[PDB]
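Structure (with pimitespib).
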Amino acid sequence: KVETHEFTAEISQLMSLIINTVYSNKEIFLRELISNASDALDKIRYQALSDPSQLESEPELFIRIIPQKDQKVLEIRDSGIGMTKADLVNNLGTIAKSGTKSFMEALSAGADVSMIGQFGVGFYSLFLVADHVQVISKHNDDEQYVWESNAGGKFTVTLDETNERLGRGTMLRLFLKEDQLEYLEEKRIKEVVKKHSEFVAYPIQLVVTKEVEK
Ligand SMILES: CCc1cc(C(N)=O)ccc1-n1nc(C(C)C)c2c(-n3cnc(-c4cnn(C)c4)c3)ccnc21
């Protein structure tokens, strides 16, 4: 049911550096997350070329941004390849450890947080704008799971029994910091997407909730 795992010391050091930094251009968080989405989609598209049945869990390949102002949550969804529990618990653990080691060495050499994506750990840039994250992911040949963390030193992995079935892929839910609620506004998201994501081979859809003036 609910597994709990501790973050390595170094990974907690990096996650705390990110949340607490006052780096000026925090919008890069969304280029990093879209980038991870485009990659996950590149993976399933290629695998399906020689095995078209890998797509019958979700035929369309897309990226979808859903602000939820009531909940103060910014949602980022794709139909990419998704992630197994083994990816969530162990296999991205070792990718996260190595990428964090390299990324810290770069920072200690005057490198920038906006370079985080070259180290395979772009996902952690969400703490520029969010203090908590839930990751819902569904891989073909595995069940749907929810990975959860608050930048501390623990994260959980839970068999997913409460959300809409995804079909295939990944949804991220960023619980925005109280001072970063601009990233719920449609105009801003359009701003950031068109400045830092010109070259993405998949649709980026925006799901805007507006009251009707009657
Ligand atoms: C590149 C994989 C990916 C794809 C998409 C997509 N398809 O859109 C979205 C996000 C991510 N990412 N990227 C990461 C890290 C590796 C940078 C990550 C993650 N994770 C974070 N830390 C641990 C961790 C530390 N220690 N251990 C034992 C486990 C695991 C948990 C869930 N999704 C993660």
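The PDB entry numbering applies to chain A: residues 5-218, in that order. Order of listing sets the numbers, starting from 1, for every ligand and every atom in it. Just so you know, these numbers use all the heavy atoms, side chains as well, and skip hydrogens, waters and symmetry mates.
Among all chains, the one with more heavy-atom contacts to pimitespib than any other is, according to UniProt, Heat shock protein 90 homolog.
Of all atoms in pimitespib, numbered sequentially from 1 with element shown, those under 4.0 Å from a heavy atom of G124 are 17 (C). Pimitespib does not have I99 within reach: every non-hydrogen atom of the residue lies 4.0 Å or more from it.
Considering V125, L18, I67 only, the shortest heavy-atom separation from atom 17 (C) of pimitespib involves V125.
For atom 2 (C) of pimitespib, the closest non-hydrogen atom on the protein side is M87 SD, 3.9 Å. At a 4.0 Å heavy-atom cut-off, pimitespib touches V93 through the backbone alone.
Ranking protein heavy atoms by distance to atom 25 (C) of pimitespib, first place goes to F11 CE2, 3.3 Å. Relative to atom 23 (C) of pimitespib, the option among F123, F127, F159, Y128 with the closest non-hydrogen atom is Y128.
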